[PDB]
Novice: 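Below: one structure in structure tokens.
Chains: lettered A, B, ... by order of sequence lines. Chain A is numbered as in the PDB entry; the shown residues are, in order, 687-697. Throughout, chain B uses the PDB entry numbering, with the displayed residues spanning 686-696 in order. So for chain C, numbering is the PDB entry's, and the shown residues are 305-461, 470-549, in order. The residues of chain D that appear here are 305-549 by the PDB entry count, in order. When a ligand or atom number is given, it counts from 1 through the structure's own listing order. This deposition comes from X-ray crystallography, 2.0 Å. The figures here come from the full heavy-atom set of this structure, side chains too, leaving out hydrogens, waters and symmetry mates.
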Amino acid sequence: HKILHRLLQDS
Amino acid sequence: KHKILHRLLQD
Amino acid sequence: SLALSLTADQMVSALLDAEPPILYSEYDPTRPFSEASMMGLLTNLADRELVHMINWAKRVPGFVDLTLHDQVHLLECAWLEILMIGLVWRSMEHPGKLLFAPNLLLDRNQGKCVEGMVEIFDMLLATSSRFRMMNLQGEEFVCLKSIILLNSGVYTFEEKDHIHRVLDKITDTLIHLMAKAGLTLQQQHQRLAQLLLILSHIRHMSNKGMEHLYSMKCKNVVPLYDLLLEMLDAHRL
Amino acid sequence: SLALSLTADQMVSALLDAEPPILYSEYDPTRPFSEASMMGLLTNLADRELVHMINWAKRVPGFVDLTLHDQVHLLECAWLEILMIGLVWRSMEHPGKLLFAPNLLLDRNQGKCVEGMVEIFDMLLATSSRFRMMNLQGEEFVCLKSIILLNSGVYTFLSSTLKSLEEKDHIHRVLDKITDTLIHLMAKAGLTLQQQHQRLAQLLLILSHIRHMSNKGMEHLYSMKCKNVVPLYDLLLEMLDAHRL
Ligand SMILES: CC/C(=C(/CC)c1ccc(O)cc1)c1ccc(O)cc1
Ligand SMILES: CC/C(=C(/CC)c1ccc(O)cc1)c1ccc(O)cc1
Ligand SMILES: [Cl-]
């Protein structure tokens, strides 16, 4: 759940 | 083929 | 078809009258359970329940109108979904517990007794909570259970046309029950949607459970009965 | 930017505008395909689609309101379901074939190139056949896709007082709004009341089959993984792992 987390984080 | 299901459904 | 002309009330009555009985698990106060004993009790109960499910299916309006092959296909596809929605239904009166049988009420902790079983128990418990939160009625439950039987294998199958027509009739029956209960037009379609969406979750639990049963079969912690094996193999080898 | 305020027409508008693009597969691929060959093309396309899916999800009314952990869970549970309904939707006007990409139109026979994949192709085609028979509309499709996102993992979500219970009723309210939208679209199409409820049920029952295909596809993908036939696409692999814990 790393990449998805970050990609979802990306503002 | 022979299935127990067939027998029960045909009762 | 003869079910196509039945009225909504006639449909509901037929469904309620075809309800299978609530079976008992093997009597034994020995607790806690072992992985093998739990697996043995759960699969023994399911195998016995399957016999009554087949008779129930025969009494669902429109089912016997199908060829034997079609009947076989639908049951082979939906059998675990049907056992699960039934389990979830009788567990409604027991929040936090799963009433497999009146003498076999288990909690999530007991699901841990079998490796991988707790995850399935949690999904089942969540669904029972959803039903309770929605205040699902018995008349709605029988409609939902019949929908599963007719829908689940309907595509992976003339006969599809008949099934789709019977499926529409059940929808009409569900809306009728809701209208009669006093729900507004908007509350009716909103509730119908909420109910049907849960069938997606039931399908999910069935696939996870099917995978688990097959895995437990390979680990061979206990022999499986013939009818259950037949139903399981329909999904696997 | 509340979603519970959006009108039916506004909801459809937002969804349509949030639609992701249709991606292309590797051009002029070598035919015939090999197992590792088709697997590479399919997963490569999926991995790229996932990036667009994540950004599309942020555009689904109410999705951004949920917590990150909740956003993560919903997508991890529904990604293959969303990829499949989009696929089935693109294949509608192509009886017999699956339009993975404009330059990747395959039929059931090509599905045999990968062991155990033909079974999945047949279910996908049957669903596409179903969409065609119903004459599914784009407005309805985007509604169904958003429903999958919000509903698939909505119960798998852990309870924790009004906390988690908050990120639940909000989801159910939105879901209810999409139902109203669907009914609104059907009413505007001149369908009778009885026809509206019948079609609504028909559409939602489809999601059951879509969940079934995702479960089978996931199992299959995890199967190809161990067999070491799946290229190393991190995002795709990550998401697939979510279905193991
Ligand atoms: C989830 C337990 C279960 C089953 C079905 C036999 C099960 C058992 C062992 C497994 O490894 C997986 C599933 C079941 C048994 C009776 C019911 O009325 C409903 C569900
Ligand atoms: C069914 C093929 C597939 C997938 C998803 C990655 C797949 C690939 C390999 C497998 O072993 C199983 C499923 C897929 C790819 C792109 C889409 O838009 C929709 C579905
Ligand atoms: Cl691209």
Novice: Which compound, drug or drug candidate, is present at ligand 1?
Specialist: diethylstilbestrol
Novice: Any idea which macromolecule diethylstilbestrol (ligand 1) contacts most in this entry, and what the PDB entry calls it?
Specialist: estrogen receptor alpha
Novice: If a contact means heavy atoms under 4.0 Å apart, which other chains contact diethylstilbestrol (ligand 1)?
Specialist: C
Novice: Considering only non-hydrogen protein atoms, determine which one is nearest to atom 2 (C) of diethylstilbestrol (ligand 1) and report residue, atom name and distance to 0.1 Å.
Specialist: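 Atom 2 (C) of diethylstilbestrol (ligand 1) sits closest to the protein heavy atom C/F404 CE2, 3.6 Å.
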Novice: Of all UniProt domains in chain C, which one holds the largest number of residues in contact with diethylstilbestrol (ligand 1)?
Specialist: NR LBD
Novice: Do any nitrogen or oxygen atoms of C/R394 come within less than 3.5 Å of a nitrogen or oxygen of diethylstilbestrol (ligand 1)?
Specialist: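 Yes; the residue has a nitrogen or oxygen that sits under 3.5 Å from a nitrogen or oxygen of the ligand.
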Novice: Starting from atom 13 (C) of diethylstilbestrol (ligand 1), find the nearest protein heavy-atom neighbour and note its residue, name and distance.
Specialist: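 For atom 13 (C) of diethylstilbestrol (ligand 1), the nearest protein heavy atom is C/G521 O, 4.1 Å.
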Novice: May I ask you to identify the nearest protein heavy atom to atom 6 (C) of diethylstilbestrol (ligand 1), giving residue, atom name and distance to one decimal place in Å?
Specialist: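 Going by distance alone, atom 6 (C) of diethylstilbestrol (ligand 1) is nearest to C/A350 CB, 3.4 Å.
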Novice: To check your reading of the model: name the closest protein heavy atom to atom 15 (C) of diethylstilbestrol (ligand 1), its residue, and the distance in Å.
Specialist: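 Among all protein heavy atoms, the one nearest atom 15 (C) of diethylstilbestrol (ligand 1) is C/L346 O, 3.7 Å.
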Novice: Among protein heavy atoms, which sits nearest to atom 11 (O) of diethylstilbestrol (ligand 1), and what does the distance come to when rounded to 0.1 Å?
Specialist: C/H524 ND1, 2.6 Å
Novice: Can you tell me the protein heavy atom closest to atom 16 (C) of diethylstilbestrol (ligand 1) and the distance?
Specialist: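 Heavy-atom neighbour on the protein nearest atom 16 (C) of diethylstilbestrol (ligand 1): C/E353 OE1, 3.3 Å.
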Novice: Among all protein heavy atoms in this structure, tell me which lies nearest to atom 5 (C) of diethylstilbestrol (ligand 1), with the distance rounded to 0.1 Å.
Specialist: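 That would be C/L384 CD1, 3.8 Å.
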Novice: Number the atoms of diethylstilbestrol (ligand 1) from 1 as they appear, then name those within less than 4.0 Å of a heavy atom of C/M528, with their elements.
Specialist: 11 (O)
Novice: Which residues of the UniProt 17beta-estradiol-binding set in chain C does diethylstilbestrol (ligand 1) share, counting a residue if one of its heavy atoms lies under 4.0 Å from it?
Specialist: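 The UniProt-listed residues with a non-hydrogen atom that close: C/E353, C/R394, C/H524.
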Novice: Is the shortest distance from a heavy atom of C/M522 to diethylstilbestrol (ligand 1) less than 4.0 Å?
Specialist: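 C/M522: no contact with diethylstilbestrol (ligand 1) (<4.0 Å).
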Novice: What protein heavy atom sits nearest atom 8 (C) of diethylstilbestrol (ligand 1), and how far away is it?
Specialist: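 It is C/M421 CE, 4.0 Å.
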Novice: In this entry, what organism is named for chain C?
Specialist: Homo sapiens
Novice: I'd love to know the binding site of diethylstilbestrol (ligand 1) - heavy atoms within 4.0 Å, chain and number please.
Specialist: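 Using heavy atoms under 4.0 Å, it comprises C/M343, C/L346, C/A350, C/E353, C/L384, C/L387, C/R394, C/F404, C/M421, C/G521, C/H524, C/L525, C/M528.
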